[PDB]
Amino acid sequence: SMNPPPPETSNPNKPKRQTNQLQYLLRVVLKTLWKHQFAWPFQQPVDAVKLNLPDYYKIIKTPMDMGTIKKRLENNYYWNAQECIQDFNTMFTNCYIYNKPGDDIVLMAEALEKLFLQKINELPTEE
Ligand SMILES: CCc1cnn2c(NCc3ccc[n+](O)c3)cc(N3CCCC[C@H]3CCO)nc12
Ligand SMILES: CCc1cnn2c(NCc3ccc[n+](O)c3)cc(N3CCCC[C@H]3CCO)nc12
């Protein structure tokens with residue numbers, strides 16, 4: 001009945017690299033999603049103590065949110081662009097998993113996911 005600690009966002013012992021892909025994922029993909037009208041419930045970890053969703057962390061064992069993703073990109077936590085893509089997909093599917101078809105929050109996630117898909121369509125190619 002407590003929240004878990006948020007996902008890890010730093011690790012100064014992971015080797016770091018910059019790539020066109022990871023730069024795009026921050027400066028275009030994360031940025032565009034963050035500014036979307038439906039982004040606000042996805043900008044931080046689900047707070048199941050403030051929100052009254054008590055079974056949330058019984059159901060969602062791989063939490064993810066765009067606040068975390070932003071930190072991970074900023075701290076060069078990701079080596080492969082796909083690690084970041086995976087985290088966006090985990091965020092969307094967690095919303096689908098906890099909730100049910102037709103729920104307002106699921107329609108918000110679906111809209112954000114469609115946007116995600118249009119932006120990643122233009123991801124630069126891997127090195
Ligand atoms: C307005 C501030 C706020 C936002 N969430 N939240 C919650 N969340 C729990 C929750 C969620 C859904 C239904 N219910 O019934 C409770 C409790 C709570 N408070 C209870 C304890 C005494 C203080 C009082 C305000 C804080 O100091 N205040 C807040
Ligand atoms: C990724 C965030 C998330 C996942 N589930 N969920 C729920 N689920 C409950 C539920 C049930 C039936 C219909 N709907 O629409 C939702 C609500 C909720 N929030 C409260 C309502 C305003 C937005 C938003 C704020 C806090 O993240 N946020 C979330």
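Counting begins at 1 with the first residue of the sequence. Numbering of ligands and ligand atoms starts at 1, following listing order. When reading the values below, keep in mind they use all heavy atoms of this one structure, side chains included, and skip hydrogens, waters and symmetry mates.
- The drug or drug candidate found at ligand 2 is dinaciclib.
- The macromolecule with the greatest number of heavy-atom pairs within 4.5 Å of dinaciclib (ligand 2) is, in UniProt, named Bromodomain-containing protein 4.
- For atom 26 (C) of dinaciclib (ligand 2), the closest non-hydrogen atom of the protein is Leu51 CD1, 3.3 Å.
- For atom 1 (C) of dinaciclib (ligand 2), the closest heavy atom belonging to the protein is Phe42 CE2, 3.7 Å.
- Annotation for dinaciclib (ligand 2): atoms under 4.0 Å from non-hydrogen atoms of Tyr98 are 5 (N), 8 (N).
- Protein heavy atoms are found less than 4.0 angstrom from atom 8 (N) of dinaciclib (ligand 2).
- With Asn99, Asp103, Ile105 as candidates, the residue nearest to atom 5 (N) of dinaciclib (ligand 2) on a non-hydrogen basis is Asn99.
- Near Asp104, the atoms of dinaciclib (ligand 2) lying under 4.0 angstrom from a non-hydrogen atom of the residue are 15 (O).
- For atom 24 (C) of dinaciclib (ligand 2), the closest non-hydrogen atom of the protein is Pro41 CB, 3.9 Å.
- Within the 4.0 Å heavy-atom criterion, the part of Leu53 lying near dinaciclib (ligand 2) is the side chain and not the backbone.
- Looking only at protein heavy atoms, the nearest one to atom 23 (C) of dinaciclib (ligand 2) is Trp40 CH2, 3.5 Å.
- The contact region for dinaciclib (ligand 2) on chain A lies mostly in UniProt domain Bromo 1.
- Protein non-hydrogen atoms do not reach within 4.0 Å of atom 21 (C) of dinaciclib (ligand 2).
- By chain and number, the binding site of dinaciclib (ligand 2) at a non-hydrogen cut-off of 4.0 Å is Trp40, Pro41, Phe42, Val46, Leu51, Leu53, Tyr98, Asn99, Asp103, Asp104, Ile105.
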